[PDB]
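Structure containing deoxycorticosterone.
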Amino acid sequence: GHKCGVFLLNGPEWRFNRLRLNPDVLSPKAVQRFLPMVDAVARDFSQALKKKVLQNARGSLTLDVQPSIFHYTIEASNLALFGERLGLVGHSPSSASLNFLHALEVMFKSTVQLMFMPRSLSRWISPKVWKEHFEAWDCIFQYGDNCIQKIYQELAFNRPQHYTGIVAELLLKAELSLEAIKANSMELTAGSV
Amino acid sequence: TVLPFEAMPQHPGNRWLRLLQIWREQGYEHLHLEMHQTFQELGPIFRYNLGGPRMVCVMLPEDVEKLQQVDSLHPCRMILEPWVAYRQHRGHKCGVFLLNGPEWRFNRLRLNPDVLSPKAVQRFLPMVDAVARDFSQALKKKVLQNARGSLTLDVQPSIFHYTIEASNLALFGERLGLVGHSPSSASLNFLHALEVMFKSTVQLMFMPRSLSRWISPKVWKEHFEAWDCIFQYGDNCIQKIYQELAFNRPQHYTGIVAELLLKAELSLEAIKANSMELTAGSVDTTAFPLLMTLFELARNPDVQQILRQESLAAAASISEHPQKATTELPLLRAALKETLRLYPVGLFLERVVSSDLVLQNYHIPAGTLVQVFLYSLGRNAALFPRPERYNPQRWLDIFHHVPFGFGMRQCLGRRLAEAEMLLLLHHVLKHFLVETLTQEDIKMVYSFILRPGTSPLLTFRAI
Ligand code: HEM
Ligand SMILES: C[C@]12CC[C@H]3[C@@H](CCC4=CC(=O)CC[C@@]43C)[C@@H]1CC[C@@H]2C(=O)CO
């Protein structure tokens, strides 16, 4: 019983959402405002990595960077989107953090499984996969909703005089209903990693 | 007219349908609401068909006062069979909470000076304060990393870890490193075992061992394994301090248990059993009232601002002398009084009376089980004008406050608990605004301790 974000909407519900999202998510004006926040996380990634590199006698580190890049993007997007700093860059992955990366990967896999066949057929051919897919989404929504309940309750009490992120702008303006904001916020959270 | 015992109203409950409903639901989560409505139905006293022995439930300061006048020299509570059973199974002695008689008194009197007495607070309160300052520093650093200078979280885990840490420093002189850091596994195992110990206690305390041993044997192994874990945790603390003192007896205060071991008035075995009571009893009993207060303060920001006012005024002197926080923050102490009136961790006081007495002008014979239900007591509109209101002034204007019990059996950890709560609040109040959207009543649940069924999302905004 959730609303669909701009990705899954067609027609005029889509256009209503989109025109109320371009200004704070996509415009050059919004980029001027979040780019410095993103820069901070990027700076931090490079410093954390350098500390490790300089501890080594050959002055290099040789690693699979994928994990730490994924945690960079989770951190960067969460700061840009919600104005919170998760503490994931330069430290170890949290367990919410890893569960979220896993849930996304399972959600993508199962997507392909279910994608190329009608619900009428996939229902009985691959019911265990519908279960997997929905479980992945429950975990994703769990993570995204934790984020939004935090920002919502923070913004009901004080309207900051300064920029504290993309979703903050949407909530301050309150041009979209709460449910619409929640739906679009989920797409940006899930889609930003 | 001193009316005879029988005149007293009777609970419509069948001893047997209660056992069966506990067996079935695996608990009695509504105990407090039931007793409350019964009091609304049948007045401020009633009796329970226990099948022979005499149970009476009261809820008036009047009645508690009389009750203190019939504490023998050896005030007596009813054997909690499941707890004692575990002790005797592993060959341990019983600490003060599970003793009656001569042996209770011998232990208690060798415990008051170092755990409860004013001279003990003065020594351990600075250590507690050190942990409370750390709690807020750790929180401020997290908060200031956020663009809006605030963090919104379920605070239950970090508040429980504060009580573990503060209690441990006070009790053993050790810093466990659980404030401003993650839970250890030993930490989570301990909290889990406490939770399960409590849950199973309810199951086994409401039917004789007679039946429970074969009706719910899985509940027994569950209870014992929880205690095994709790003892493992508490024994490790004891092994450490014991070894350290055997090689060096310090010249400065290093906590409550040290004082006990140094004096060696009690046997090691008796010291071991009382440390386990303090270690086990110092976590949830304190954590939950602390959470309820944060919640009430967040629903009542006007009251919060008044409490902040005075904590800022005293900020100065308290950081110079932490020991003065007891005296200098009397409005914050009133708030605790107010939290425990509405949300008493110990739901009911309990005495098996050694003499006959009179309550509400009914005759109460000796050997009678008398229970004071503090939940209903705290909500009496008569003694507490506007009972539903969270108003610490209520206390400044004035046996109305007995959530720690009374007499010589009253809570041994009272001053510790109150230090831990008072100091955390004080330091939080100087630095943060506390806020929630979730303004609706939190439903309490009874599993031996009476605790919030839900944990609301609290925002801490830096000032
Ligand atoms: C807000 C927190 C607490 C509350 C509301 C509370 C409440 C109580 C109550 C109602 C009793 C029964 C008193 C009576 O029968 O008259 C009691 C006894 C006791 N409490 Fe607490 N308590 C708290 C915290 C603690 C802590 C932290 C400790 C350990 C440090 C502790 C240790 C004990 C012990 C050992 C007894 C048994 C004393 C005896 O039977 O002589 N309590 N407490
Ligand atoms: C407060 C309490 C008595 C004291 C205990 C507490 C639960 C935790 C606990 C564990 C111990 O090993 C020592 C006593 C104690 C601190 C009980 C919960 C309900 C009970 C009462 O309601 C007393 O009337």
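Chain naming here is simple, since letters A, B, ... match the order of the sequence lines and numbering starts at 1 in each. One-based numbering, in listed order, for ligands and for the atoms of each. Readers should note that the entry appears only in part, and the reported contacts come from within that part. Atom set for the values below is all heavy atoms of this structure, side chains included, hydrogens, waters and symmetry mates excluded.
Lab note - all copies counted, deoxycorticosterone located at ligand 2. In this entry, more contacts with deoxycorticosterone come from one chain than from any other, and UniProt calls that chain Cytochrome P450 11B2, mitochondrial.
Every other chain with a heavy atom under 4.0 Å from deoxycorticosterone is listed here: B. At 4.0 Å, heavy atom to atom, the residues around deoxycorticosterone are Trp83(B), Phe97(B), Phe198(B), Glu277(B), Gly281(B), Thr285(B), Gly346(B), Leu347(B), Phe348(B), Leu349(B), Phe448(B), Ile449(B). Shortest contact from atom 20 (C) of deoxycorticosterone to any protein heavy atom: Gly346(B) CA, 4.5 Å. Remark: deoxycorticosterone atoms within the under-4.0 Å shell around heavy atoms of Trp83(B) are 10 (C), 11 (C), 12 (O). In terms of protein heavy-atom proximity, atom 16 (C) of deoxycorticosterone is closest to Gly281(B) CA, 3.7 Å. Restricting to residues UniProt lists as binding heme in chain B, the heavy-atom distances under 4.0 Å from deoxycorticosterone involve none of them.
Regarding atom 19 (C) of deoxycorticosterone, its nearest protein heavy-atom neighbour is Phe448(B) O, 3.6 Å. Counting only heavy atoms of the protein, atom 6 (C) of deoxycorticosterone lies nearest to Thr285(B) CG2, 4.3 Å.
Protein heavy atom nearest atom 13 (C) of deoxycorticosterone, with residue, atom name and distance: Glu277(B) O, 3.6 Å. Where the criterion is an N or O separation shorter than 3.5 Å, residue side chain and backbone included, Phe348(B) meets it with respect to deoxycorticosterone. Scanning all protein heavy atoms for the shortest distance to atom 7 (C) of deoxycorticosterone gives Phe198(B) CE2, 3.8 Å.
Under the 4.0 angstrom criterion, atom 10 (C) of deoxycorticosterone counts as having a protein heavy-atom contact. Counting protein heavy atoms only, atom 18 (C) of deoxycorticosterone is closest to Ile449(B) CG2, 3.7 Å.
Of the other ligands and ions shown, those with an atom under 4.0 Å from deoxycorticosterone are ligand 1 (protoporphyrin IX containing FE). Protein heavy atoms are absent from the space less than 4.0 angstrom from atom 2 (C) of deoxycorticosterone.
UniProt's 21-hydroxyprogesterone-binding annotation for chain B and the heavy-atom shell under 4.0 Å around deoxycorticosterone share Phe348(B).
Listed by number with element, the atoms of deoxycorticosterone under 4.0 angstrom from any heavy atom of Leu347(B) are 22 (O).
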Check: every deoxycorticosterone N/O to protein N/O pair under 3.5 Å:
residue, atom, partner, partner atom, Å
deoxycorticosterone, 22 (O), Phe348(B), O, 3.3
deoxycorticosterone, 24 (O), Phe348(B), O, 2.8

